[PDB]
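In what follows, residues are counted from 1 in the order of the sequence shown. Structure method, as recorded: X-ray crystallography, 1.9 Å. Keep in mind that the numbers below use all heavy atoms, side chains included, and drop hydrogens, waters and symmetry copies. Ligands are counted one by one from 1 in listed order, and the atoms in each one are counted from 1 as well.
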Amino acid sequence: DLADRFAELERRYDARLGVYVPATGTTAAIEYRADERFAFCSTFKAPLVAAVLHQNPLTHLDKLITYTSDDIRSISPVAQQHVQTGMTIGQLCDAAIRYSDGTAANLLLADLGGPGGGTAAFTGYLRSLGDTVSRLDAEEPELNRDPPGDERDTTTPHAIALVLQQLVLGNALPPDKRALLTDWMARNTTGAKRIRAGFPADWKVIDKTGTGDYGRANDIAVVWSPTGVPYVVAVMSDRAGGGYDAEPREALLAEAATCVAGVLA
Ligand SMILES: CO/N=C(\C(=O)N[C@@H]1C(=O)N2C(C(=O)O)=C(CSc3nc(=O)c(=O)[nH]n3C)CS[C@H]12)c1csc(N)n1
């Protein structure tokens with residue numbers, strides 16, 4: 001009744017919903033529209049922090065990068081207050097995952113690929129994870145604004161769930177660098193009402209969200225059962241037929257996570 005239960009979700013919230021859960025030795029693949037393209041939005045900041053972590057020693061995380069107030073072109077609740085102090089890369093990483101800071105991600109993009117090669121550098125990182133589907137093409141804020149059906153700035157639930165499976169659970173990042181990434185997303189302040197609300201409290205959830213135009217609302221997550229058996233949930237949604245200013249529904253992401261928790265009992 002999987003596809004039956006998610007289709008109702010789509011009818012009730014008037015939304016396109018994408019769901020992927022990788023197969024495990026015990027559980028099978030939960031896949032609803034898993035190979036359709038959904039806009040990254042702020043979800044890209046999580047594998048982007050991984051990219052900066054992978055390309056640099058830990059001594060790089062304490063490098064002072066200096067920006068201006070003119071450089072805050074988007075929702076940057078952490079970078080807003082450090083207009084003069086600059087920010088250590090480890091803090092921009094912190095701002096990128098936990099507070100979805102846009103100016104952080106734009107400075108993190110430049111540290112990775114330079115002034116004009118940041119998007120392509122980030123896309124090539126995902127290539128190195130075997131993700132040949134996703135693409136970042138724009139920087140903040142325009143990556144949240146691409147029209148529907150456009151392939152630019154898009155991933156799929158399948159590809160981002162497989163990517164995230166290598167970062168937290170796989171051997172893509174070294175033990176210590178992975179630890180800092182697993183901690184950052186477990187400290188995130190944005191995903192309370194998405195996948196967190198649908199998994200029981202004695203389950204452990206780590207997540208990075210994305211929200212954007214055309215009603216776009218995403219939550220990428222790794223979940224941990226009370227027995228410690230781990231899963232990676234990718235939930236992606238938009239309400240294109242609503243228009244650019246359509247209202248994202250967080251409770252949509254919540255219910256989809258409730259359904260996947262029900263089959264993971
Ligand atoms: C051009 O950029 N447009 C954006 C945008 O910057 N999106 C980013 C993104 O993915 N972000 C995320 C997040 O990570 O989910 C968030 C966090 S979600 C959230 N938390 C709150 O406490 C709250 O009161 N409201 N919201 C929405 C906000 S926008 C930023 C946008 C936001 S809503 C919309 N229609 N567009």
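Per PDB records, the drug at ligand 1 is named ceftriaxone. The main binding partner of ceftriaxone here is, in the terms of UniProt, Beta-lactamase. Of all the heavy atoms of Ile75, the ones lying under 4.0 Å from any atom of ceftriaxone belong exclusively to the side chain. On a distance-only criterion, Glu140 and ceftriaxone share no N/O pair closer than 3.5 Å. Within the 4.0 Å cut-off (strictly below), no protein heavy atom is located near atom 26 (N) of ceftriaxone. Residue-level proximity to ceftriaxone for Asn144 is carried by the side chain, the only part with a heavy atom below 4.0 angstrom. For atom 2 (O) of ceftriaxone, a protein non-hydrogen atom is found at a distance below 4.0 Å. Contacts with ceftriaxone closer than 4.0 Å are made by side-chain heavy atoms of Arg145 only, the backbone lying farther away. Only side-chain heavy atoms of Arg194 come within less than 4.0 Å of ceftriaxone; its backbone N, CA, C and O stay farther off. For atom 33 (S) of ceftriaxone, the closest non-hydrogen atom of the protein is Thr211 CG2, 3.8 Å.
Residue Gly210 has at least one heavy-atom neighbour below 4.0 Å for each of these atoms of ceftriaxone: 10 (O), 13 (C), 14 (O), 15 (O). Proximity to ceftriaxone (heavy atom under 4.0 Å) is shown by these UniProt substrate-binding residues of chain A: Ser100, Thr209, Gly210, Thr211. Atom 22 (O) of ceftriaxone is not flagged as protein-proximal [any protein heavy atom, distance under 4.0 Å]. In this structure, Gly212 has a heavy atom closer than 4.0 Å to ceftriaxone. Taking a 4.0 Å cut-off on heavy atoms, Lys208 registers as neighbouring ceftriaxone.
For ceftriaxone, the closest UniProt active-site residue in chain A and the least heavy-atom distance to 1 Å are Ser42, 2 Å. Some N or O of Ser100 is nearer than 3.5 Å to an N or O of ceftriaxone, by distance alone. Counting heavy atoms under 4.0 Å, the binding site of ceftriaxone comprises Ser42, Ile75, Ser100, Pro141, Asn144, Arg145, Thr190, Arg194, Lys208, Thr209, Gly210, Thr211, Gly212, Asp213.
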